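Chains are named by letter, beginning with A, in the same order as the sequence lines. Using the numbering of the PDB entry, the residues shown for chain A are 307-774, in order. Using the numbering of the PDB entry, the residues shown for chain B are 307-775, in order. Order of appearance sets the numbers: ligands from 1, and atoms from 1 within every ligand. Per deposition record, X-ray crystallography, 1.9 Å.
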Amino acid sequence: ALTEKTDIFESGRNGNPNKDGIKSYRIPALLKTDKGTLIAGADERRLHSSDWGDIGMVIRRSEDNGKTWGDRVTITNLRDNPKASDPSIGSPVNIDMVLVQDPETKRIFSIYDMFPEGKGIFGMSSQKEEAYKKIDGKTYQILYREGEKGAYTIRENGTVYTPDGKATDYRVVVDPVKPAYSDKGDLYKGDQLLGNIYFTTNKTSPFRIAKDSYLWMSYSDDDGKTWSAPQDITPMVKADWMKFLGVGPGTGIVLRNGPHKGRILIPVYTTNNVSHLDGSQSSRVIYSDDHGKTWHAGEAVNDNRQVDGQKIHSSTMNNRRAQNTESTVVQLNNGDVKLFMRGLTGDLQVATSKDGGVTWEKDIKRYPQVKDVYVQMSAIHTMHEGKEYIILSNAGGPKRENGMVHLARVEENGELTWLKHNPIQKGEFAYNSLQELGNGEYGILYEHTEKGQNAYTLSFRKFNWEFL
Amino acid sequence: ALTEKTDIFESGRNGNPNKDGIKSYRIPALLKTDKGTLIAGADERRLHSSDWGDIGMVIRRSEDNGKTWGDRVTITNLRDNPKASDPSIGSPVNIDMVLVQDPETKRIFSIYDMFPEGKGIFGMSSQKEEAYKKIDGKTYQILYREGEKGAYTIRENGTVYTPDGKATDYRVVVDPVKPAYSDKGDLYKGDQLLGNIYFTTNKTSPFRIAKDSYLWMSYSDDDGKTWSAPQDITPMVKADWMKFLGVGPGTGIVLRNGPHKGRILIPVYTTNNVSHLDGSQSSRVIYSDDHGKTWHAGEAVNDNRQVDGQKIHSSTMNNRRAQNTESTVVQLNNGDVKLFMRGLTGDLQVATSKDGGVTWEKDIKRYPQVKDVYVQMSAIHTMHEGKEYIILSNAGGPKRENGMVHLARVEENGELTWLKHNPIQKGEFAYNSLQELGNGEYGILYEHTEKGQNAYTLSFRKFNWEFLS
Ligand SMILES: CC(=O)N[C@H]1[C@H]([C@H](O)[C@H](O)CO)OC(C(=O)O)=C[C@@H]1NC(=N)N
Ligand SMILES: CC(=O)N[C@H]1[C@H]([C@H](O)[C@H](O)CO)OC(C(=O)O)=C[C@@H]1NC(=N)N
Ligand SMILES: [Cl-]
Ligand SMILES: [Cl-]
């Protein structure tokens, strides 16, 4: 039925670091690859357990269906500002990942947020700063220089150009080479390292990127063993009005049927400048139809949505209860895509797309038989004995506690009928990620603490249909 | 040295329409063409004197340097919604024009605001509605259908397409043929007129455009005698964050020197969704380098502007005094572009661009010797006996009264030295447009009323260098 928990990422105790000098881990993503391998992804939080600071994007691999796991592999870990007054806020931040595999190329993607040095989503400015500039059909990332108003650009070879279009003696590391790509954004003049473009305080170089929220992507073509340098996918998908744009962490999908088969779907959510985190968080997907080469934004669930009288839009809404945030995405056999969205109604909110994730139907469906206490969830499609189901896992409540694995039957019209609700973990329970394993068996990687563990320890369990 | 006022567009009196059935005129634009022709543009307000309603874009032409003027020529006048409960707010709106001629092609452009039926800039919604959709690289205007969430599109030949991209039996008049193009936007099912996509109340067709602020353009290739159908230029220039985008009315320029010579510059201004008309009004220019065929937005004066030791952006600002609204644009002989902007400081605010209107220098210069009572102004470059000057006209104050023509020497470093401040019209004085007429003479079309004349009557005067100095 259900196995006992195996601890995959171990957090420290009583506010102290673990044996690796790491305080805690958060944000599980569980990928079951084509070769049977399980990739377990996490935020690795070295210094403290906040939503910022020194966080690396890390994975572990199990080649025996989750029994034993290899050593941590670091995808990305940007170097700290060695001059920051407060190291707790003195690192450029990567935070929250989504994992997915392309089933044709077998390429594995990790998509995650990036912010310059500071407090991440909780450090965002009230004012927009332009991040990119289009010059002769090429999009360049902008750099700002203290006491100068104009936009410098990073062009060919990482060479920095003046606002007026002339090459400088300065250059950015745009092809990072150090372990964990900790050299990305390093600012040189000739062969002299001066600082880093992601540093925002006590700078030793003249240049910095726009203070904003970014989305990065790294990929692996060797079953998660090694990873590419980070690719900045922001300018492909972030609209000029968006404040925050970030992933809904967990595991993305690839569409298996319909006109859009082969489409990679990555849950994301945005905020606007009208109400930001107070009334605007809005879920959507970004997608790629060319096996991860180019990315596009779908429309938000909240775009032209009717809410208590009146239409809203994600770019202009200010409605706490109509927010939807981190989400988990599933495709049905009839071609429909369901988006299970974290929200503030107390129960499960589901949006439906008829066109492979680009637009959403007018109604958000509420399922009062599945509680949602305002915490991430994960959901996967499953076939059992020729019958179509959805498995969804989240906290049972009243707080981030008592982990549940809910089983739904999907009807021919895509309506969901909730059959079973199975507690899987007493005590602390938060973020979780599900995968199908290959028999009637399923794996879950989740957040949980016991015995004074720092939030969180990430643990793994297998269950089967008899548990379900 | 200063002629008596000649009335060009005459308002009615005591809230009554004039002889032509028109309550009032507003928003002068004066343009001296290649031919020597003077074109005077205006908002023609049929129903009342507010910032919405039934408003036509109209011109008159003078062929004798402002002495006599011909009959009204209507550029654009969208038909009213015949089913609207309140006629004063029952018409799609055009409002505020900029005129400019391309010196090479001789083409004359009128660029002006458009809004569907309602209260114009004072009727904008709190929530965005997407207005355009790119389908396989092609940009189409969206239509919304009663009882449906999805975006229909207006495609080739005006054919309305479903959200899934199927042709319907519905069609939009995209190539209007009626006088003043009053049929633009008409919605047909095959051969039967059903209603109009610009109507927002008591609709008789199923379809309507996004509720938004738009920018339209019409052009003349025959010295202002006839005009093209309106071009919707909005998607070329309006960003996904902009709430209002509209012209700073008057007369635009064509750059006459430097690497961007030939560039057409059109003052505009935006608001955002953070503070709209309370704290985000921000000047910039849109420009064309291909003789008016395609248009691009410059950056706002307020983009990356330091205010109170902190950087703002036009898209996110909320600062009353940092706003800059309608503006007038002038190029210096050194290549620099000056933007004189209506503002809330009580005095004249000027921005400088060194890249042909695309970005603006960090410091907005203020001149305490020219008052700004928060009203439109016009300014023009001029040369007198080998020396460079700018002439600017606006109200002297305290209110919108006491028209002034100000004269500045432009110094070698681009600094302006204000030399003379000459009264040109006592009593009411508001919007105005200046043009150099040649041989030391200048013309001005301006808003003024007397004895119970509805706001406003548009009058013309000519003056010479002697009046200036
Ligand atoms: C980018 C970011 O800050 N991600 C946050 C997330 C976020 O703050 C909320 O969704 C905003 O409403 O909340 C939570 C949470 O547990 O509620 C965890 C993530 N924390 C970490 N990955 N450390
Ligand atoms: C599009 C529009 O509403 N244009 C308005 C303009 C505008 O309301 C302000 O600049 C907003 O701050 O103000 C004025 C004005 O006299 O202050 C006249 C124009 N009115 C007419 N053309 N009727
Ligand atoms: Cl630095
Ligand atoms: Cl209609």
Point to revise | Main partner chain, ligand 2, name from the PDB entry | key: neuraminidase A
Review point. Which compound, drug or drug candidate, is present at ligand 2?
Key: zanamivir
Review point. Which other chains line zanamivir (ligand 2) with heavy atoms at under 4.0 Å?
Key: B
Exercise for review: Report yes or no: does B:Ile333 have a heavy atom closer than 4.0 Å to zanamivir (ligand 2)?
Suggested key: yes
Exercise for review: Quick one: look at B:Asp349 and zanamivir (ligand 2), take heavy-atom pairs under 4.0 Å, and tell me if it's side chain, backbone, both or neither.
Suggested key: side chain
Check your understanding: Near B:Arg351, which atoms of zanamivir (ligand 2) are under 4.0 Å from a heavy atom of that residue?
Key -> 23 (N)
Exercise for review: Pick one of side chain, backbone, both or neither for how B:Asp419 approaches zanamivir (ligand 2), counting any non-hydrogen atom pair under 4.0 Å.
Suggested key: side chain
Exercise for review: Report, in ascending order of atom number, the atoms of zanamivir (ligand 2) lying under 4.0 Å from any heavy atom of B:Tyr680.
Suggested key: 12 (O)
Check your understanding: How close does the nearest protein non-hydrogen atom get to atom 23 (N) of zanamivir (ligand 2), and which residue and atom is it?
Key -> B:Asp357 OD1, 2.9 Å
Review point. Is any other ligand or ion found less than 4.0 Å from zanamivir (ligand 2), and which?
Key: none
Review point. Which atoms from zanamivir (ligand 2) have a heavy atom of B:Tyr737 less than 4.0 Å away?
Key: 6 (C), 13 (O), 14 (C), 15 (C), 16 (O), 17 (O), 18 (C)
Review point. Hey, is B:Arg706 touching zanamivir (ligand 2) through its side chain, its backbone, both or neither, going by heavy atoms under 4.0 Å?
Key: side chain
Practice item. Considering the heavy atoms of B:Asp402, write down every atom of zanamivir (ligand 2) situated less than 4.0 Å from one of them. Key: 1 (C), 2 (C), 4 (N), 5 (C), 19 (C), 21 (C), 22 (N)
Practice item. Answer with side chain, backbone, both or neither: which part of B:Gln682 has a heavy atom less than 4.0 angstrom from an atom of zanamivir (ligand 2)? Key: neither
Check your understanding: Taking N or O atoms only and a 3.5 Å limit, does B:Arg332 qualify as a polar contact for zanamivir (ligand 2)?
Key -> yes
Review point. In the entry's source annotation, what organism is given for chain B?
Key: Streptococcus pneumoniae
Check your understanding: Which other-chain residues have at least one non-hydrogen atom less than 4.0 Å from zanamivir (ligand 2)?
Key -> B:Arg332, B:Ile333, B:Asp349, B:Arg351, B:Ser356, B:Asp357, B:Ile401, B:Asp402, B:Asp419, B:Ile427, B:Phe428, B:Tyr575, B:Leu583, B:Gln587, B:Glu632, B:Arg648, B:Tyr680, B:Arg706, B:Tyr737
